[PDB]
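Here's Protease PR5-DRV with darunavir bound to it.
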2 protein chains.
Amino acid sequence: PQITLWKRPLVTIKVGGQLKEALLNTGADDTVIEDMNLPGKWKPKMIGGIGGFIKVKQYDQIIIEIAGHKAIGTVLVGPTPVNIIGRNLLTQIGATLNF
Amino acid sequence: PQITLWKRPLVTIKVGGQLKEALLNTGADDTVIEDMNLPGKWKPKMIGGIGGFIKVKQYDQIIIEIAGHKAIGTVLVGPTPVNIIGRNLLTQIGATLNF
Ligand SMILES: CC(C)CN(C[C@@H](O)[C@H](Cc1ccccc1)NC(=O)O[C@H]1CO[C@H]2OCC[C@H]21)S(=O)(=O)c1ccc(N)cc1
């Protein structure tokens, strides 16, 4: 697909057996998903952007499907205002920026 | 060009006549640049990011060149951690996401 940027580039994802809406985000390497009760080991992390930092849980090797494309990698879970798919998983689904 | 996402999609911009580095950011509605002297009238505004809200100076109708492509639009100036080119200008240079 080609996604123009008039509107937020939102897609459906599947993670932890749940469907969610998420924003395709070239602005960070990591993926951040809103609080959800994912099973297994995690490590505390703090990530910072406009407005400051939030505390998240870093989960590794999380299976996540993005607009019908399978991926697996690190997923940060925490009180982000918007689910954001970062460059790490964008590369796995073959996403590029074009102009 | 076509830009893959293994690395941060950083480009050189020119704004207020000065060269700077900035991040092409599909996860940003708006363009936010670190504090700088910029010619033009501005209006006080607030914007929210992952960590909360900040005050910015809103400059409308600003000439800005992005990786050699011309845009004229709204540039927010304030305490962002990274210069970011958001969708308001990415659309002007005809950027799309593709996978
Ligand atoms: C500021 C960037 C360098 C980094 N961010 C990604 C960025 O794309 C966020 C992604 C984002 C998107 C929506 C809400 C919160 C965060 N967008 C953002 O802050 O944009 C702001 C400018 O335009 C406005 O439109 C959206 C918010 C405003 S970030 O969300 O803060 C972030 C920071 C660190 C990590 N590890 C992961 C993500």
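As listed: the chains are lettered in turn, A, B, ..., one for each sequence line. Here chain A follows the PDB entry, giving residues 1-99 in order. What you see of chain B is 1-99, where the numbers are those given in the PDB entry. When reading the values below, keep in mind they use all heavy atoms of this one structure, side chains included, and skip hydrogens, waters and symmetry mates. As the structure lists them, so they are numbered: ligands from 1, and atoms in each ligand from 1. Determined via X-ray crystallography, 1.6 Å.
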Query - Every instance of darunavir - result: ligand 1
Query raised in the report: Other chains with a heavy atom closer than 4.0 Å to darunavir (ligand 1): which ones?
Result: A, B
Query - Nearest non-hydrogen protein atom, atom 14 (C) of darunavir (ligand 1) - result: A:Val82 CG2, 3.8 Å
Query raised in the report: atom 21 (C) of darunavir (ligand 1): which of B:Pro81, B:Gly86, B:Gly48 has the nearest heavy atom?
Result: B:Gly48
**Report entry** Subset of darunavir (ligand 1) atoms that lie under 4.0 Å from at least one heavy atom of A:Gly27
**Finding:** 2 (C), 3 (C), 4 (C), 6 (C)
**Report entry** Nearest option to atom 25 (O) of darunavir (ligand 1), as decided by whichever heavy atom of B:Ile54, B:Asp29, A:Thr80, A:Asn25 sits closest
**Finding:** B:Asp29
Query - A:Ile47, A:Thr31, B:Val56, B:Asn83: member with heavy atom nearest to atom 36 (N) of darunavir (ligand 1) - result: A:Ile47
Query raised in the report: Of the backbone atoms (N, CA, C, O) and the side-chain heavy atoms from C-beta on, which set of A:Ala28 has a member under 4.0 Å from an atom of darunavir (ligand 1): side chain, backbone, both, or neither?
Result: side chain
